[PDB]
K.L.:
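Context: structure of rifampicin in complex with Phosphoenolpyruvate synthase.
The chain is numbered in sequence order, starting from 1. Counting convention: from 1, in listed order, for ligands and their atoms alike.
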Amino acid sequence: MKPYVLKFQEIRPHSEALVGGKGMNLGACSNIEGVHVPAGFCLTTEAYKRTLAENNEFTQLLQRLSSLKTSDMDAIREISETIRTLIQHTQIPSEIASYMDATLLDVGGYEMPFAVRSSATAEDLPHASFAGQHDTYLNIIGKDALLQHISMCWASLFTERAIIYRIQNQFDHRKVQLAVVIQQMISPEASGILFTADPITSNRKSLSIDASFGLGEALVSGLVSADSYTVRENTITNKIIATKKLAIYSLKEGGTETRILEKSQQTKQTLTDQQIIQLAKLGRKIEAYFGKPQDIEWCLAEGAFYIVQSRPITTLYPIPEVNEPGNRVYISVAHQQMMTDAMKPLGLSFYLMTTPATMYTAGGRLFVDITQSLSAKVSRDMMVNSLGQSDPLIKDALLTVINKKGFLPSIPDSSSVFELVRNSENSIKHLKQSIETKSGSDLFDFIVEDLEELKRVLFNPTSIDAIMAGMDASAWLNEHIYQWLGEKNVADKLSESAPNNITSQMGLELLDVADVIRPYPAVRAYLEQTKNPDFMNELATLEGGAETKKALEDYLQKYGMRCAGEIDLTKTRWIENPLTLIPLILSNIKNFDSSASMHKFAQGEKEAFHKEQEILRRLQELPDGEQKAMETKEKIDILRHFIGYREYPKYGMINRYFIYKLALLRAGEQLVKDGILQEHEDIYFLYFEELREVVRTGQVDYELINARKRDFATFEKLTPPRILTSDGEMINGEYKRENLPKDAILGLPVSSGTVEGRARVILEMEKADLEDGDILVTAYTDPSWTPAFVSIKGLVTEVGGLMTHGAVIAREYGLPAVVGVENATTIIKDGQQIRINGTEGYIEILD
Ligand SMILES: CO[C@H]1/C=C/O[C@@]2(C)Oc3c(C)c(O)c4c(O)c(c(/C=N/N5CCN(C)CC5)c(O)c4c3C2=O)NC(=O)/C(C)=C\C=C\[C@H](C)[C@H](O)[C@@H](C)[C@@H](O)[C@@H](C)[C@H](OC(C)=O)[C@@H]1C
Ligand SMILES: Nc1ncnc2c1ncn2[C@@H]1O[C@H](COP(=O)(O)OP(=O)(O)NP(=O)(O)O)[C@@H](O)[C@H]1O
Ligand SMILES: [Mg+2]
């Protein structure tokens, strides 16, 4: 960390601290044979530190800047003006200028034009991007102009905009410096960007060129327009041709000017087809050198391609680490589970450790690998029809994938259920006791035996037979009563207020806990305005508190394990953060009168005796009439016995998960005491095996954890596709509006009825302030989301499928719901009156 200047040829690996990201990648690119990087050098961060960071006024100014927030806006406008003008007034030490004069003559010389380009780094974050944050000036000639523009580059580190960016991304201003790339200008016929993997599709196999005439500054700042071409294998899939009005050109005596292209020139294809393929190959060599897809800037001059920037890509949805060969197709677990939130590795692993599916992981969520199924004759073709009875877009997405570059070459007893339930209740009772004895590596040793027991109650053949009994029977009823009586999706109304549904009870019991809070206005005022996490220990103060805390405590002992994202072991359970239930307990205090759970439940079973006994009567004057009747009543009794249970096995699974979580946090806090972990919940970023070794060996790799931590962040920003490909193509299916109103948003019908109301688009149940009219539009809706179904008039989600909670819960609440809705939360606007049809599956944006 001594030199002031380095030629691209002199730059060693991992020198970002000295030359910045841009400078480093230019250095790297310049050593690839067949790659022409215009000669140049970096004015090092040394020069920056020497000239500026050693200045007492500068450092004082930056020490001040350290103190302010994005809300200290006018302190930002003025302090940064001071810094900027201070920089442009500070001369560059003659010693630094001397070293530069020498290196500049080597590339050469002060009569030639140079690009002067910012290159930033953040200390100890060598790969941190400052893309589009700081200045570049093109075609600068002469020592005077050079020195002037170096200071200008430096000053551009302290625009209001660059400062705000650093504050929001938690970069310390004192630990960011600017190197300056000084590089021979290319005077090009054409220039542009290259993305080694298509930003649509995201398919890791297509390439993409944006190409314009003239210098690249137009395309990037951000007009002119540009040509777009996609090349899939070595063949060109697509060509696009922009009408390119303007082009930027270098002036002989320095600087730059914009010209208007002749009309007949504006529509010409920037690059020939041969040049496009040549560029693609050029580009494939730099991920191939770099190992991950890349973002590359280029110039075409006199038939020669010049590389002028390269930089890792940052947006694509990762591919599963598959240990299989050949082309693979993955199905998304998120969509069927109604989850789609990124999961942490510890939580990711516990789901994997409990499934007999071939599940893999990509981007913090889970995929199932189902290609070998697809390949065989008549098992594909098993699956596509079968997977189409839960999710049409999946079926659609699979047809679309089997057309590629050869991508492809018993009902149990009535008494069954309560024994199933109590045999789980007890299996958990045992569990709760046996871990409070285990600890350390004994804990881990035990969890694995218990996973076997988890699997045993979860996948009990008798349980499954009881589960399907409900599904199968509403399969039968829906198919057959539409066949005879015609016009019917009947099992929706027949399922209404079904008994023993541990998840429908949950949302409906919160109605009662609010009936307890309602009388006491002391507690209601506290609860109305509180962010205190242990507000439950301040209640005994107020007149209602003691009564209230009891009401709540019992709910949490019944449902406290459950939280949104429950499948992820690492997510805060309700009982760990009771304050998240308050706005729902609050707002259905005000939306309901006394005994609302009774009246909602009753009117449901009333409104399904009527359909039962309407359908049965109405079937009597059909041809074979009282026969057809008795076989349906047979299926209704069956239906309404085993529909509750459909939701129990998840509730048993989770209870274990929360019991495991408590135990694993103990070990993690025990790991803090021993000084081996920094943060007690850092165990969320290790998979369950890695975690075993840590308690076992007393060793961790924090440069690993921190990357898990970092990776997690850049998931969350992702949204899993319905289907994922070995190439990382994403396929969400397309729906079929047969004879549905055009201009409608299409989805899966799931729960019957048409209704009109206010759209409330909510991503957090806690911030959901639902009112009587509202139609809830959200992303997923797992059992966690039930308590919010009691005031709304209809439901809309982005993801899901018939027979997958909480689609199953809408039916029993008698709620119209539509489910497979591409981009509902973005397409629909909060507050827009809206009509949902949950019979035919569509949505109309009412005026
Ligand atoms: C269209 O749905 C199917 C997808 C098929 O395709 C296919 C390739 O894609 C899948 C996706 C996307 C999954 O996410 C998945 C899954 O999460 C899971 C099992 C494991 N399944 N079984 C293996 C055999 N064992 C005897 C029972 C467990 C799976 O196979 C799959 C799965 C597939 O296999 N496991 C679990 O999640 C766990 C840890 C517990 C689940 C418990 C309850 C009990 C389940 O809900 C039961 C009630 C059924 O609901 C499911 C089996 C679905 O079946 C139906 C009719 O809906 C299935 C998601
Ligand atoms: N030597 C060069 N010759 C011709 N055009 C260049 C040269 N260097 C850069 N350009 C163009 O001018 C722009 C300047 O890019 P550069 O400042 O290096 O990064 P940036 O895209 O402006 N922002 P960033 O990448 O985060 O630093 C590029 O987008 C090119 O189109
Ligand atoms: Mg750039």
K.L.:
Which parts of this structure should be attributed to rifampicin?
P.N.:
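Every copy is at ligand 1.
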K.L.:
Under 4.0 Å, heavy atom to atom, what does rifampicin (ligand 1) touch in the other chains?
P.N.:
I331, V333, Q336, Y351, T354, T355, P356, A357, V368, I370, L387, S390, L458, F459, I467, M468, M471
